[PDB]
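One structure is given below, encoded as structure tokens.
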Amino acid sequence: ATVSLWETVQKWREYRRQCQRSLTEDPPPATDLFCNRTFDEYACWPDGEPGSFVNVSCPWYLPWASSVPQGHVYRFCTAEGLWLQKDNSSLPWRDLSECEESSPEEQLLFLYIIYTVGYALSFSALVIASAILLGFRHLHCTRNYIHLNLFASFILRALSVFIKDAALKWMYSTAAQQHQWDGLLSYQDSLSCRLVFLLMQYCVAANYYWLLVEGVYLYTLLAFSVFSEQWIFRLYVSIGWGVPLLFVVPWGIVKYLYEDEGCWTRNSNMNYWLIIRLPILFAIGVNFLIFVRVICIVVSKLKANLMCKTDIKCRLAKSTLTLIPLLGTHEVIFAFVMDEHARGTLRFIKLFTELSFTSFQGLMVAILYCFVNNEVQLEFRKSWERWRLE
Ligand SMILES: N#Cc1ccc(COc2cccc(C3CCN(Cc4nc5ccc(C(=O)O)cc5n4C[C@@H]4CCO4)CC3)n2)c(F)c1
């Protein structure tokens, strides 16, 4: 098992709840001058009769609570009925030496750096490429409208991750103490957190459905008779941008109705997460079938012509390498490797490694379909000649 500050704070909440109930349920002692019973962030202490110490068990929410189940934090209140103050009139004296004491926090922090750098390169390249394809009016096709909508989905996905990471400053808090935990929990069960999470989910799903729109349009070019060019464009834009909403708002409704705490992370017993994960896998699988059929087409067209025994393979390899980025073919591997029953730190480590590799899909697409594209080079030359004549 892997544990981090995540699981420690999540157990702290349950400890606090039980402690609050006990404090609110414990009858007061019959005697007087008793030392008042309070919950400090570190531990919960009961009432103590004056002139004696308190023998409390080591709190179970600590990661090292199982190493020594024999320690006892000690706090003393004098015979007058007040806790013993320590030096410089500070928090009352307590004995913490009984039970006290690379990591998952470090791993997650490095993956975040690689994924942020990749998304930031992808964002910049896709903005340049959208400028280039929208600018020139000779490059106005239907396939270039599909490409612009795909670029838009990539850019929205990158922009959503930055907001989620910047709104909850987890990287700075990776070493927070007990006091800092209260705040962390307060933001998690707020409404800003839940709606920022919902926005990120929508942007992920919309990107996936624009790599299926790409695939379905190429397939219909290679296997179908020409049909109305507006009745197909409206249908494609509708599928790309508004089919995600048919399973992202039902998920956001069930989560909002049937949950009190948390920022809508994966529930404990029930599995609501299938409302999002299941259509994503459907799109990924259909787009894999499209990939295989298109490559079969290229192989027959390549065998029919006259080439060597090796030039066939060279051109086939180059074409397959150039088509993995457009249809997102690697997501079939990355969905095979991912464990769908992991929760907490393990889930975050797995997710971040996939994001670390797949953050640079937008950069690959931008280079392959806008910077080395032959027509784009052609307009750069033609535009340059008109200025050089002047
Ligand atoms: N309580 C609390 C708490 C505890 C510790 C710390 C600081 O230390 C640690 C330690 C381990 C991991 C982390 C961060 C690692 C991840 N981020 C934020 C975050 N990105 C997510 C992406 C996808 C999903 C998903 O399920 O698909 C869910 C995602 N989540 C967690 C929830 C979801 C909204 O936020 C949250 C923390 N930070 C703290 F900042 C808060």
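Starting from 1, each residue takes its place in the sequence as its number. Atom set for the values below is all heavy atoms of this structure, side chains included, hydrogens, waters and symmetry mates excluded. Both ligands and their constituent atoms are indexed starting at 1 by order of listing. So how was this one determined? The header says electron microscopy, 2.8 Å.
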Quiz item: Of all chains near ligand 1, which one has the greatest contact count, and what is it called in UniProt?
Solution: Glucagon-like peptide 1 receptor
Quiz item: At ligand 1, which of PF-06882961, RAF265, bleomycin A2, BC-3205 do we find?
Solution: PF-06882961
Quiz item: Which residues form the binding site of PF-06882961 (ligand 1) (heavy atoms under 4.0 Å)?
Solution: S4, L5, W6, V9, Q10, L108, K164, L168, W170, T174, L185, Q188, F197, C263, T265, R347, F348, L351, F352
Self-check item: Organism for chain A, per entry
Solution: Homo sapiens
Quiz item: Which transmembrane segments of chain A, as ordered by UniProt starting at the N terminus, contain a heavy atom less than 4.0 Å away from PF-06882961 (ligand 1)?
Solution: 1, 2, 3, 7
